[PDB]
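Naming: A, B, ... by sequence-line order, numbering from 1 per chain. Determination method: electron microscopy, 2.9 Å. Excerpt of entry shown; contacts counted in excerpt. Order of appearance sets the numbers: ligands from 1, and atoms from 1 within every ligand. The analysis underlying the following values was restricted to heavy atoms, covering all of them including side chains, and did not include hydrogens, waters or symmetry mates.
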Amino acid sequence: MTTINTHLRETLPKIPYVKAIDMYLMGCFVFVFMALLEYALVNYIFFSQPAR
Amino acid sequence: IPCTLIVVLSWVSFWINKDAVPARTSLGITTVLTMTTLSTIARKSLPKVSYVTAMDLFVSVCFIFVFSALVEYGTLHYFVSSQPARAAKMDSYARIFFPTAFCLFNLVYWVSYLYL
Ligand SMILES: CN1C(=O)CN=C(c2ccccc2)c2cc(Cl)ccc21
Ligand SMILES: CN1C(=O)CN=C(c2ccccc2)c2cc(Cl)ccc21
(Lines of atoms letter the chains of each structure in order from A; the text may use other names.)
(Lines give C-alpha, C1' and ligand atoms only; values in the text may rest on other atoms or scores of the structure.)
(Ligands and ions follow the chains in the order given, each with its own letter.)
Protein backbone atom coordinates (compact mmCIF):
# COMPACT_ATOMS: atom_id res chain seq x y z
CA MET A 1 0.00 0.00 0.00
CA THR A 2 2.88 2.37 0.80
CA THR A 3 4.49 1.60 -2.60
CA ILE A 4 1.12 2.20 -4.41
CA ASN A 5 0.44 5.53 -2.58
CA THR A 6 4.10 6.62 -3.18
CA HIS A 7 3.73 6.04 -6.98
CA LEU A 8 0.54 8.22 -7.08
CA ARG A 9 1.87 10.73 -4.46
CA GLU A 10 5.13 11.16 -6.48
CA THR A 11 3.21 12.00 -9.72
CA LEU A 12 0.88 14.82 -8.61
CA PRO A 13 1.44 18.43 -7.43
CA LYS A 14 1.99 19.60 -3.85
CA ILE A 15 -1.52 20.66 -2.85
CA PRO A 16 -2.31 21.12 0.88
CA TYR A 17 -5.85 19.77 0.93
CA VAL A 18 -6.76 16.09 0.97
CA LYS A 19 -8.06 14.63 -2.29
CA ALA A 20 -10.62 11.87 -2.80
CA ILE A 21 -8.03 9.35 -3.94
CA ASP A 22 -5.92 10.27 -0.89
CA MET A 23 -8.95 9.54 1.32
CA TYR A 24 -9.41 6.16 -0.39
CA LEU A 25 -5.74 5.26 0.07
CA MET A 26 -5.88 6.37 3.73
CA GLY A 27 -8.99 4.25 4.30
CA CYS A 28 -7.34 1.19 2.76
CA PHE A 29 -4.17 1.83 4.80
CA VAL A 30 -6.24 2.18 7.98
CA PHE A 31 -7.94 -1.14 7.18
CA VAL A 32 -4.67 -3.05 6.66
CA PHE A 33 -3.14 -1.27 9.70
CA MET A 34 -6.15 -2.28 11.82
CA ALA A 35 -5.81 -5.87 10.60
CA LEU A 36 -2.21 -5.86 11.82
CA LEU A 37 -3.28 -4.31 15.15
CA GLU A 38 -6.01 -6.93 15.62
CA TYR A 39 -3.32 -9.57 15.00
CA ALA A 40 -1.29 -7.91 17.77
CA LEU A 41 -4.33 -7.97 20.06
CA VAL A 42 -5.05 -11.64 19.31
CA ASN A 43 -1.36 -12.44 19.90
CA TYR A 44 -1.56 -10.68 23.28
CA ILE A 45 -4.70 -12.39 24.63
CA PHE A 46 -3.75 -15.84 23.22
CA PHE A 47 -1.69 -16.88 26.23
CA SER A 48 -4.10 -15.64 28.92
CA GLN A 49 -7.17 -17.18 27.22
CA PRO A 50 -7.43 -18.61 23.68
CA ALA A 51 -11.24 -18.47 23.68
CA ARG A 52 -11.25 -14.67 23.43
CA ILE B 1 9.00 -12.16 -19.87
CA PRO B 2 9.36 -10.78 -16.26
CA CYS B 3 5.62 -10.97 -15.39
CA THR B 4 5.45 -14.56 -16.66
CA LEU B 5 8.60 -15.33 -14.65
CA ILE B 6 6.95 -13.85 -11.53
CA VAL B 7 3.88 -16.04 -12.21
CA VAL B 8 6.13 -19.15 -12.33
CA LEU B 9 7.72 -17.82 -9.12
CA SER B 10 4.28 -17.87 -7.49
CA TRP B 11 3.81 -21.37 -8.97
CA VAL B 12 6.86 -22.75 -7.17
CA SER B 13 5.04 -22.35 -3.81
CA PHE B 14 2.98 -25.48 -4.48
CA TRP B 15 5.97 -27.83 -4.32
CA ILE B 16 7.00 -26.41 -0.93
CA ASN B 17 5.84 -28.35 2.14
CA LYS B 18 2.42 -27.37 3.50
CA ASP B 19 3.72 -27.15 7.10
CA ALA B 20 6.16 -24.25 6.56
CA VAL B 21 3.49 -21.56 6.84
CA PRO B 22 5.74 -18.40 6.98
CA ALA B 23 7.68 -19.60 3.92
CA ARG B 24 4.63 -19.93 1.65
CA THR B 25 2.96 -16.76 3.01
CA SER B 26 6.14 -14.68 2.57
CA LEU B 27 6.74 -16.13 -0.92
CA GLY B 28 3.18 -15.32 -2.03
CA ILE B 29 3.03 -11.81 -0.62
CA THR B 30 6.53 -10.84 -1.85
CA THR B 31 5.51 -12.17 -5.28
CA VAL B 32 2.49 -9.84 -5.01
CA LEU B 33 4.92 -6.97 -4.24
CA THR B 34 6.97 -7.77 -7.34
CA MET B 35 3.84 -7.89 -9.51
CA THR B 36 2.63 -4.47 -8.26
CA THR B 37 6.04 -2.80 -8.73
CA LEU B 38 6.45 -4.29 -12.23
CA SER B 39 2.91 -3.28 -13.25
CA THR B 40 3.37 0.31 -12.04
CA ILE B 41 6.81 0.71 -13.66
CA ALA B 42 5.39 -0.81 -16.88
CA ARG B 43 2.39 1.50 -17.29
CA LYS B 44 4.60 4.68 -17.59
CA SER B 45 5.35 4.04 -21.31
CA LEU B 46 1.87 4.60 -22.76
CA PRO B 47 -0.30 7.73 -22.16
CA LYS B 48 -3.07 8.23 -19.62
CA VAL B 49 -5.73 6.48 -21.72
CA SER B 50 -8.88 5.38 -19.94
CA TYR B 51 -9.56 2.14 -21.83
CA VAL B 52 -7.98 -1.25 -21.33
CA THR B 53 -5.18 -2.14 -23.73
CA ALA B 54 -3.69 -5.51 -24.66
CA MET B 55 -0.93 -4.88 -22.11
CA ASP B 56 -3.10 -3.96 -19.12
CA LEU B 57 -5.12 -7.17 -19.51
CA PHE B 58 -1.96 -9.32 -19.43
CA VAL B 59 -0.50 -7.80 -16.26
CA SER B 60 -3.97 -7.77 -14.68
CA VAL B 61 -4.43 -11.50 -15.31
CA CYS B 62 -0.91 -12.16 -13.97
CA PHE B 63 -1.79 -10.27 -10.77
CA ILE B 64 -5.06 -12.26 -10.54
CA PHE B 65 -3.07 -15.51 -10.92
CA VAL B 66 -0.70 -14.55 -8.07
CA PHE B 67 -3.73 -13.46 -5.98
CA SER B 68 -5.43 -16.80 -6.64
CA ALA B 69 -2.31 -18.79 -5.69
CA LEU B 70 -1.97 -16.96 -2.36
CA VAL B 71 -5.70 -17.21 -1.55
CA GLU B 72 -5.55 -20.92 -2.47
CA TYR B 73 -2.76 -21.49 0.05
CA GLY B 74 -4.81 -19.51 2.59
CA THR B 75 -7.82 -21.78 2.09
CA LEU B 76 -5.42 -24.76 2.25
CA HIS B 77 -4.09 -23.68 5.66
CA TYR B 78 -7.63 -23.17 6.93
CA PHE B 79 -8.77 -26.53 5.62
CA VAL B 80 -5.90 -28.59 7.07
CA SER B 81 -7.23 -27.53 10.47
CA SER B 82 -10.95 -27.78 9.69
CA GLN B 83 -11.13 -31.07 7.72
CA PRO B 84 -8.03 -32.80 6.25
CA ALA B 85 -9.88 -35.02 3.73
CA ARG B 86 -10.57 -32.04 1.44
CA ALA B 87 -7.20 -30.29 1.82
CA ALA B 88 -4.99 -33.28 0.97
CA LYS B 89 -5.59 -33.44 -2.79
CA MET B 90 -6.25 -29.70 -3.29
CA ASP B 91 -2.56 -28.76 -3.69
CA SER B 92 -1.99 -31.68 -6.08
CA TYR B 93 -4.94 -30.34 -8.10
CA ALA B 94 -3.52 -26.80 -8.06
CA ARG B 95 -0.11 -28.05 -9.30
CA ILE B 96 -1.75 -29.05 -12.60
CA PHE B 97 -4.64 -26.56 -12.77
CA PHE B 98 -2.59 -23.35 -12.50
CA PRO B 99 -0.10 -23.93 -15.41
CA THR B 100 -2.82 -25.27 -17.74
CA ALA B 101 -5.10 -22.30 -17.00
CA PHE B 102 -2.24 -19.85 -17.58
CA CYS B 103 -1.16 -21.62 -20.79
CA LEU B 104 -4.74 -21.64 -22.10
CA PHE B 105 -5.03 -17.94 -21.25
CA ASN B 106 -1.77 -17.25 -23.10
CA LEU B 107 -2.89 -19.19 -26.20
CA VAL B 108 -6.33 -17.53 -26.37
CA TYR B 109 -4.86 -14.08 -25.60
CA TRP B 110 -2.08 -14.26 -28.20
CA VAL B 111 -4.33 -15.62 -30.97
CA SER B 112 -7.12 -13.13 -30.17
CA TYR B 113 -4.74 -10.16 -30.20
CA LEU B 114 -2.68 -11.24 -33.21
CA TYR B 115 -5.78 -11.94 -35.30
CA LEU B 116 -6.90 -8.31 -34.85
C1 LIG C 1 -1.23 10.23 3.90
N2 LIG C 1 -1.23 8.90 4.63
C3 LIG C 1 -1.31 8.80 6.15
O4 LIG C 1 -1.33 9.84 6.81
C5 LIG C 1 -1.33 7.40 6.90
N6 LIG C 1 0.06 6.80 6.82
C7 LIG C 1 0.70 6.77 5.45
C8 LIG C 1 2.15 6.09 5.38
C9 LIG C 1 2.83 5.24 6.35
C10 LIG C 1 4.16 4.74 6.06
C11 LIG C 1 4.81 5.10 4.81
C12 LIG C 1 4.14 5.95 3.85
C13 LIG C 1 2.81 6.45 4.13
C14 LIG C 1 -0.31 6.50 4.21
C15 LIG C 1 -0.34 5.25 3.45
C16 LIG C 1 -1.27 5.06 2.36
CL17 LIG C 1 -1.31 3.47 1.40
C18 LIG C 1 -2.18 6.12 1.99
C19 LIG C 1 -2.15 7.36 2.73
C20 LIG C 1 -1.24 7.56 3.85
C1 LIG D 1 -0.85 -0.39 -9.48
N2 LIG D 1 -1.00 -1.76 -10.14
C3 LIG D 1 -0.81 -3.03 -9.32
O4 LIG D 1 -0.58 -2.88 -8.11
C5 LIG D 1 -0.90 -4.51 -9.90
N6 LIG D 1 -2.27 -4.85 -10.41
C7 LIG D 1 -3.05 -3.76 -11.11
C8 LIG D 1 -4.56 -4.17 -11.44
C9 LIG D 1 -4.76 -5.53 -10.99
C10 LIG D 1 -6.04 -6.18 -11.16
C11 LIG D 1 -7.14 -5.45 -11.78
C12 LIG D 1 -6.94 -4.09 -12.24
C13 LIG D 1 -5.65 -3.44 -12.07
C14 LIG D 1 -2.27 -2.81 -12.18
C15 LIG D 1 -2.51 -2.86 -13.63
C16 LIG D 1 -1.78 -1.98 -14.53
CL17 LIG D 1 -2.06 -2.03 -16.37
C18 LIG D 1 -0.80 -1.04 -14.02
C19 LIG D 1 -0.57 -0.97 -12.59
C20 LIG D 1 -1.27 -1.86 -11.66
Drug identity - ligand 1: diazepam
Binding partner of diazepam (ligand 1) (most contacts, UniProt): Gamma-aminobutyric acid receptor subunit beta-2
Using a heavy-atom cut-off of 4.0 Å, which other chains touch diazepam (ligand 1)? A
Other ligands and ions near diazepam (ligand 1) (under 4.0 Å): none
Quick check for my notes - source organism of chain A in the deposit? Homo sapiens
Taking heavy atoms under 4.0 Å, what residues and nucleotides bind diazepam (ligand 1)? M1(A), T2(A), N5(A), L25(A), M26(A), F29(A)
